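Note sheet for the following structure.
So that the names make sense, note that chain A is the first sequence line, chain B the second, and so on, each numbered from 1. Side chains are part of it too, since the values below use all heavy atoms of this structure and drop only hydrogens, waters and symmetry mates. So how was this one determined? The header says X-ray crystallography, 3.2 Å. Order of appearance sets the numbers: ligands from 1, and atoms from 1 within every ligand.
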Amino acid sequence: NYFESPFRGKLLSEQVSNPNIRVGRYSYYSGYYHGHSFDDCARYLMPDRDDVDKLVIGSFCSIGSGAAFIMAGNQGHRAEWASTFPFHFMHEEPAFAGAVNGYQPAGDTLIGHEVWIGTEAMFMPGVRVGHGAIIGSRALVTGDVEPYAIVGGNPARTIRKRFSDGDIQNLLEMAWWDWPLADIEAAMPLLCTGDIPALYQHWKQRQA
Amino acid sequence: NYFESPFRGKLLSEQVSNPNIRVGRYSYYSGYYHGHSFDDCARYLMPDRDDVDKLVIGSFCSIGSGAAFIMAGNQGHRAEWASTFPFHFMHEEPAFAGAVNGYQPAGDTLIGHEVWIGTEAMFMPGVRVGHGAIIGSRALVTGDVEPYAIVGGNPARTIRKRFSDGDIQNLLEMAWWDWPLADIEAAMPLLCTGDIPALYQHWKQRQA
Amino acid sequence: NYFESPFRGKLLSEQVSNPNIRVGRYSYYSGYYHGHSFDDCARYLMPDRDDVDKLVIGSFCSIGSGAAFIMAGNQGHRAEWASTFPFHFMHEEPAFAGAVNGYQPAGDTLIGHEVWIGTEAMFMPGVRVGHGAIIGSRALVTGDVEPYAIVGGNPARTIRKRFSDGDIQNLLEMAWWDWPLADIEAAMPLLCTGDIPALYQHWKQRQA
Ligand SMILES: CCNC(=O)CCNC(=O)[C@H](O)C(C)(C)COP(=O)(O)OP(=O)(O)OC[C@H]1O[C@@H](n2cnc3c(N)ncnc32)[C@H](O)[C@@H]1OP(=O)(O)O
Ligand SMILES: CCNC(=O)CCNC(=O)[C@H](O)C(C)(C)COP(=O)(O)OP(=O)(O)OC[C@H]1O[C@@H](n2cnc3c(N)ncnc32)[C@H](O)[C@@H]1OP(=O)(O)O
Ligand SMILES: CCNC(=O)CCNC(=O)[C@H](O)C(C)(C)COP(=O)(O)OP(=O)(O)OC[C@H]1O[C@@H](n2cnc3c(N)ncnc32)[C@H](O)[C@@H]1OP(=O)(O)O
Ligand SMILES: O=C(N[C@H](CO)[C@H](O)c1ccc([N+](=O)[O-])cc1)C(Cl)Cl
Ligand SMILES: O=C(N[C@H](CO)[C@H](O)c1ccc([N+](=O)[O-])cc1)C(Cl)Cl
Ligand SMILES: O=C(N[C@H](CO)[C@H](O)c1ccc([N+](=O)[O-])cc1)C(Cl)Cl
């Protein structure tokens with residue numbers, strides 16, 4: 001097992017290896033219950049091409065065991081053609097030669113900052129998860145998620161948002177995830193409360 | 001790992017081994033992310049009896065990693081009896097001797113032709129998936145699916161059908177999945193479009 | 001593989017090892033399709049502390065392969081604070097020193113008697129499943145379940161109850177799961193039917 005205990009995961013920056021996975025600071029993944037390194041979480045991601053959708057993960061994300069990001073767009077299957085069979089890809093059968101390539105990209109999968117993904121959640125290709133969002137365990141994400149939204153279910157739904165629209169707006173304005181570590185340690189006492197307005201002030205103050 | 005890469009699966013005809021799994025041509029399974037051969041996808045399927053429900057898979061199916069077909073009907077559990085405990089099966093405890101066998105078959109699980117199953121989809125016992133249907137990833141199929149229907153969710157729902165009722169009817173009439181490989185290669189250019197009516201004509205023509 | 005066959009599981013009492021998992025008699029788990037012993041089914045459960053929520057499982061339960069019980073309450077993450085990042089736990093970065101511990105227990109997870117859990121069902125922290133309940137496969141349980149209720153889905157829903165409200169009430173009154181094995185073998189013929197009223201009488205009789 002890549003992990004020594006269920007209670008201690010390892011940084012993304014120290015286990016990612018596919019060049020198409022760009023991870024941010026402090027972000028981590030604890031997958032003892034699935035034994036494999038974060039790399040294998042990005043399914044169907046080619047480390048060999050640069051013409052493909054990439055998995056981008058913000059900073060301070062906490063990724064739960066077994067999470068999975070389905071990549072490679074449609075994988076060559078086209079529901080809108082008469083046949084969803086990847087003829088073009090079965091290069092070993094001649095009959096299927098003239099077969100055209102039905103593959104088509106879906107765009108980078110983006111995971112914002114401070115996103116908490118529950119064990120075994122699965123993201124479809126091309127979705128974009130907003131900052132602070134919380135992805136429920138086993139939630140199957142079929143689309144974009146709003147910042148600070150709480151989703152869950154198959155298909156994933158917004159259960160509610162973490163803070164007030166206004167609070168959210170403030171949180172987005174000060175983007176503490178881009179703050180110099182020194183300021184993070186400074187505002188620390190306030191990061192451990194739900195007093196966004198307090199935190200906002202402390203911010204505005206120091207900015208001076 | 002039974003598979004060498006996430007981007008290349010192997011034919012069903014070349015890995016199936018349980019006598020109760022009947023697979024069609026070109027149908028395949030790509031399960032690098034789950035390491036095991038297709039055989040273990042048919043859960044609780046006995047290769048030793050012939051008095052059991054069988055997993056039948058049509059031709060040109062594309063089965064995603066981790067797919068799973070729950071077999072053995074009710075497995076001896078009966079929700080309608082005073083106790084769902086398989087007394088009859090705990091043959092090691094005498095008290096549970098007179099226990100009657102609550103096992104009961106549910107019927108062959110049938111997967112039509114050209115069915116695209118998403119990674120980690122799970123089918124309950126006895127369901128029948130129609131031709132061309134698309135099974136969303138992680139979708140839990142609790143019942144029959146219509147030809148060309150797109151299902152997904154836990155429990156799985158029809159999101160929509162791939163083509164028009166009429167188009168569908170045409171597609172079912174020419175069953176290109178039973179066409180001689182030679183004709184398949186012939187109509188190939190048209191199989192890579194969504195012009196069912198065009199394809200229908202090309203068919204009717206050649207039939208002459 | 002801890003198991004020799006998909007058709008024969010092993011008692012809980014003979015494989016559990018974490019001191020915080022209290023299992024009842026005859027209860028068992030058949031997880032050949034997931035290879036690991038029941039112990040690893042209780043995720044994030046510390047065998048080293050006694051100040052933590054425990055997984056309690058009643059008697060005569062039939063636990064399906066891959067079932068999973070998410071423990072450790074919130075795991076230190078607090079959706080209601082400005083940041084769901086477990087600062088207090090990243091003890092290797094000084095900036096995050098004053099970080100307060102956001103961990104908070106959710107209470108023992110309780111699985112009543114005669115509960116039939118489907119392969120791959122997942123229970124959230126703190127839920128309490130009532131006696132006789134049936135948990136559908138892949139069902140994600142986000143809350144309490146009623147005795148004799150049938151749930152399923154992500155999130156799990158009650159599909160219906162196994163017996164009549166009255167029948168249920170009778171079943172709860174005679175709690176056959178606490179009956180001396182001798183009486184269990186006696187009423188055996190009636191335990192293999194859906195005649196709760198018959199069973200009730202047979203009970204009342206013998207009680208005399
Ligand atoms: C690292 C591994 N850790 C994990 O995977 C744990 C991550 N935790 C989760 O995903 C949690 O379930 C959540 C944070 C979403 C739960 O938060 P919270 O306690 O606020 O949800 P609640 O318990 O108040 O329930 C609120 C609603 O959310 C729903 N809900 C909770 N978790 C989920 C989930 N994973 N998927 C879908 N719905 C969910 C409940 O069904 C409920 O509403 P209902 O009674 O109308 O059906
Ligand atoms: C071999 C491994 N490959 C795979 O597993 C990939 C298979 N692909 C899938 O299962 C795909 O998600 C689908 C083909 C179903 C998506 O197709 P499509 O793009 O037409 O769905 P859309 O993105 O238009 O969304 C349409 C609806 O389908 C739903 N949907 C998509 N995928 C799923 C799924 N797996 N389960 C349930 N619902 C789904 C969406 O929630 C949406 O409706 P909403 O906004 O009202 O909630
Ligand atoms: C040890 C490994 N064994 C297993 O995992 C098998 C356990 N079996 C299950 O979980 C079964 O699916 C059940 C016992 C729940 C099915 O029982 P039953 O046959 O009475 O359900 P039905 O087939 O009558 O269908 C009734 C409803 O339950 C729903 N249902 C059945 N199984 C599930 C499930 N796992 N999750 C959610 N809903 C479910 C169906 O969708 C259906 O209603 P709908 O047509 O309105 O959508
Ligand atoms: O095995 C094959 N395809 C599967 C998907 O059905 C394989 O996992 C895959 C995934 C992505 C892909 N792509 O998008 O380039 C190609 C093949 C074809 Cl080569 Cl037959
Ligand atoms: O272990 C047992 N049963 C499980 C299901 O609870 C086993 O996986 C199984 C599956 C199917 C079956 N059948 O239908 O013949 C019997 C046992 C009994 Cl032997 Cl205690
Ligand atoms: O790796 C870590 N935490 C994860 C959860 O994000 C680990 O799986 C865990 C689970 C439970 C826990 N607890 O509640 O005591 C602590 C860490 C922190 Cl040490 Cl960075």
Worksheet item: What does the PDB call the drug placed at ligand 6?
Response: chloramphenicol
Fill in: Largest contact partner of chloramphenicol (ligand 6) in terms of UniProt
Chloramphenicol acetyltransferase
Worksheet item: Which other polymer chains sit within a heavy-atom distance below 4.0 Å of chloramphenicol (ligand 6)?
Response: A, C
Item to complete: Give the residue list for chloramphenicol (ligand 6), heavy-atom cut-off 4.0 Å.
Response: A/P6, A/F7, A/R8, A/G9, A/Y28, A/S30, C/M46, C/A72, C/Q75, C/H77, C/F89, C/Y103
Item to complete: State the residue and atom joined to chloramphenicol (ligand 6) by a covalent bond, or say none.
Response: none
Worksheet item: From the PDB file, what's the organism behind chain A?
Response: Pseudomonas aeruginosa
Practice prompt. Please list other ligands or ions within less than 4.0 Å of chloramphenicol (ligand 6).
Written response: none
